[PDB]
Participant: 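Consider the following structure, which includes tiratricol.
Position 1 is the first residue of the sequence, and the numbers go up from there. Heads up, header says this was done by X-ray crystallography, 2.4 Å. We count ligands from 1, going down the list as the structure has it; atoms in each ligand are counted the same way.
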Amino acid sequence: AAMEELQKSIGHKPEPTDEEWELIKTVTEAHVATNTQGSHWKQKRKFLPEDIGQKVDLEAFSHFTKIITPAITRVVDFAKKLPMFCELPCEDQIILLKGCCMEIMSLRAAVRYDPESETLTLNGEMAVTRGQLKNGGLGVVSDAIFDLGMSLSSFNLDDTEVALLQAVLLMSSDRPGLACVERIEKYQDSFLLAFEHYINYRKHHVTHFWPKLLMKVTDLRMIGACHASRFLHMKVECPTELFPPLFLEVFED
Ligand SMILES: O=C(O)Cc1cc(I)c(Oc2ccc(O)c(I)c2)c(I)c1
Ligand SMILES: [As]
Ligand SMILES: [As]
Ligand SMILES: [As]
Ligand SMILES: [As]
Ligand SMILES: [As]
Ligand SMILES: [As]
């Protein structure tokens, strides 16, 4: 903990300390419990009819918002199982959640990318294509998520890495309106540090793994920001009635 810089300067790659291993277990379990069973959506997935999602294709949009509420609640459930999140005020809770929701949902869809069928599986239950997701309301956001998915294939991420990534997205102190900024940053730094150490232990046969991984954090933030804009365009090209209450609550002030 106190011998970070010096440990790096020598050339050693510090692995998780006992305190961090404990933190890693909590976050991983948090993710695993609120996410689909690994390597299961593959056999249980259902491809969306090729005729849907071939303006906003309201039919495809319909199919997506039908399962969007559970996807969102899974993210709240994840956040709930992290003590650091619970230590925070109600106002900060909501702000943090409204800001990372689409970032985490996208990472989750992205890691369930299948190069064979060239599809993503939403909620591990609905296999969709780039065009289908694009026409269903996401526009270029679909492109961004699929591009992310194709890229993540080489990273070979496990439940721990995806979980830590989600924790880093969640604890974003720059979220506007936050009140407990400096402690939300302490939490994030803590996650980032356990994360880097986890990566050293994992030793991916990939060059500059950590920095490349960090760039993904930025891409996920962009996907989120970009989706905020896609939501505005949705409220115009879509019947207000096809917007589940929680969907509206989380993305719009
Ligand atoms: O797969 C998961 O667990 C989470 C997940 C669930 C869904 I439904 C999803 O698609 C979206 C997201 C935002 C949006 O405005 C529209 I219309 C569709 C994505 I991307 C990810
Ligand atoms: As709680
Ligand atoms: As509140
Ligand atoms: As509470
Ligand atoms: As505070
Ligand atoms: As974009
Ligand atoms: As955009």
Participant: Which numbered ligands or lettered chains belong to tiratricol?
Facilitator: ligand 1
Participant: Trying to figure out what tiratricol (ligand 1) is stuck to here - the chain with the largest number of contacts. What's it called in UniProt?
Facilitator: Thyroid hormone receptor beta
Participant: Which 3,3',5-triiodo-L-thyronine-contacting residues per UniProt in chain A have a heavy atom closer to tiratricol (ligand 1) than 4.0 Å?
Facilitator: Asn123, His227
Participant: Determine whether the side chain, the backbone, both or neither of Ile145 has a heavy atom under 4.0 Å from any heavy atom of tiratricol (ligand 1).
Facilitator: side chain
Participant: With heavy atoms only and a cut-off of under 4.0 Å, state how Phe231 meets tiratricol (ligand 1): side chain, backbone, both or neither.
Facilitator: neither
Participant: Is tiratricol (ligand 1) close to any UniProt-listed L-thyroxine-binding residue of chain A, that is, with a heavy atom under 4.0 Å, and which ones?
Facilitator: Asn123, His227
Participant: Out of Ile223, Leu122, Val56, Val141, who is nearest to atom 10 (O) of tiratricol (ligand 1) when you count heavy atoms only?
Facilitator: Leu122
Participant: Got an N/O contact under 3.5 Å between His227 and tiratricol (ligand 1)?
Facilitator: yes
Participant: Using a plain distance cutoff, I'd like to know if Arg108 has any nitrogen or oxygen under 3.5 Å from a nitrogen or oxygen of tiratricol (ligand 1).
Facilitator: no
Participant: Less than 4.0 Å is my threshold; does some heavy atom of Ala109 fall inside it relative to tiratricol (ligand 1)?
Facilitator: yes
Participant: For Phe247, take its heavy atoms, then give the atoms of tiratricol (ligand 1) lying under 4.0 Å from any of them.
Facilitator: 15 (O)
Participant: Test of understanding: given a 4.0 Å heavy-atom threshold, classify the contact between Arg230 and tiratricol (ligand 1) as side chain, backbone, both, or neither.
Facilitator: neither
Participant: Heavy-atom contacts under 4.0 Å between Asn35 and tiratricol (ligand 1): side chain, backbone, both, or neither?
Facilitator: neither
Participant: Is the closest heavy atom of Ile68 to tiratricol (ligand 1) under 4.0 Å?
Facilitator: yes
Participant: Check each of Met234, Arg112, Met105 against atom 5 (C) of tiratricol (ligand 1) and report the one with the nearest heavy atom.
Facilitator: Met105
Participant: So, for tiratricol (ligand 1), where in chain A are most contacts, UniProt-domain-wise?
Facilitator: NR LBD
Participant: Which organism is chain A attributed to in the entry?
Facilitator: Homo sapiens
Participant: Tell me the contacting part of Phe251 for tiratricol (ligand 1): side chain, backbone, both, or neither, using a 4.0 Å heavy-atom threshold, strictly below.
Facilitator: neither
Participant: Note down any other ligand or ion with an atom under 4.0 Å from tiratricol (ligand 1).
Facilitator: none
Participant: Name every other-chain residue that has a non-hydrogen atom under 4.0 Å from tiratricol (ligand 1).
Facilitator: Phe61, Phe64, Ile67, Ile68, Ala71, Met102, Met105, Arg108, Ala109, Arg112, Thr121, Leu122, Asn123, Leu138, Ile145, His227, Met234, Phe247
